[PDB]
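Structure follows of rapamycin associated with Peptidyl-prolyl cis-trans isomerase FKBP1A.
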Amino acid sequence: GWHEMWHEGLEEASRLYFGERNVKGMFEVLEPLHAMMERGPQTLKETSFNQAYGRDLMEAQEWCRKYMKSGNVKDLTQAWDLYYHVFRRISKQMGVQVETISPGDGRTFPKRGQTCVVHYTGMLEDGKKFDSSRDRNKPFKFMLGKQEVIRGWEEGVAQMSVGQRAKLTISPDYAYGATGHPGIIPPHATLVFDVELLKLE
Ligand SMILES: CO[C@H]1C[C@@H]2CC[C@@H](C)[C@@](O)(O2)C(=O)C(=O)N2CCCC[C@H]2C(=O)O[C@H]([C@H](C)C[C@@H]2CC[C@@H](O)[C@H](OC)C2)CC(=O)[C@H](C)/C=C(\C)[C@@H](O)[C@@H](OC)C(=O)[C@H](C)C[C@H](C)/C=C/C=C/C=C/1C
């Protein structure tokens, strides 16, 4: 929906402008996204999106249009300041979110080459548990940085200190995506893991 379309679109428009110096391409990504705003929100989530980001997106569009008439890059810079703020806020509900359950030592973090020793419980977004190392009564061990584990763990556990317990809420893009894991994880599943970093080996 609107959250995912704007997140993907802002990223791609920014790759075209900043990465490829292609203003026309960036415009052609942004303009349809603004156009679909104009019918108004039609779901509760689109309404929430509009309330949160509608005004800033409308202003960003106005700076873009000022740019087409001035050719002054300062007007585009003002547009992207707004688009980036919207992007960062949308991003807080995607990827992986780390919420501390109990603090760690705040000083010892995973480093390259080390093995993380953790306890975890994985649940679907509703709360149905699908796996737990705590049920096997033994810690799970893995290494970060080599795509051994889903992206939400790669990014989430890397931020935890030894002794920390944290809740990782992982969007499907950062977990098992459209395929899921047959027999365990459905397609397009947001996952919630209760993870405790026990030690580094
Ligand atoms: C019996 O229990 C399974 C774990 C189950 C599978 C099903 C899922 C619901 C789940 O229940 O775990 C689960 O809770 C889960 O989602 N996990 C496990 C805990 C870490 C986070 C997540 C995960 O990434 O699993 C991982 C997920 C399922 C698949 C990987 C996701 C990242 C992606 O890049 C990889 O592409 C290939 C595949 C599984 C793992 O954590 C194991 C450790 C890692 C792998 C299998 C791959 O990294 C593999 O790549 C060749 C390796 O290099 C390994 C070390 C080679 C050795 C011989 C294989 C070990 C296999 C161990 C299997 C184990 C303990």
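Chain A is numbered as in the PDB entry; shown residues: 2-202, in order. Whatever order the structure lists them in is the order used to number ligands and atoms, beginning at 1.
The nearest heavy-atom contact from the protein to atom 38 (C) of rapamycin is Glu149 O, 4.4 Å. Rapamycin has no N or O atom lying under 3.5 Å from any N or O atom of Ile185, backbone or side chain. Given atom 28 (C) of rapamycin, the protein heavy atom at minimum distance is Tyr177 OH, 3.2 Å. In this structure, atom 34 (O) of rapamycin is in close contact with the protein, since a protein heavy atom lies within 4.0 Å of it. Taking a distance limit of 4.0 Å, we find that atom 20 (C) of rapamycin is approached by some protein heavy atom.
Distances below 4.0 Å separate heavy atoms of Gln148 from the following atoms of rapamycin: 32 (C), 33 (C), 34 (O), 35 (C).
Within the 4.0 Å heavy-atom criterion, the part of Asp132 lying near rapamycin is the side chain and not the backbone. Taking a distance limit of 4.0 Å, we find that atom 14 (O) of rapamycin is approached by some protein heavy atom. Residue contacts with rapamycin for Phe141 involve side-chain atoms from C-beta outward but no N, CA, C or O (heavy atoms, distance under 4.0 Å).
Counting per UniProt domain, chain A has the most residues touching rapamycin in PPIase FKBP-type.
The shell of residues around rapamycin (heavy atoms under 4.0 Å) is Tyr121, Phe131, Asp132, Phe141, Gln148, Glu149, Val150, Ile151, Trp154, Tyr177, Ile185, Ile186, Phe194.
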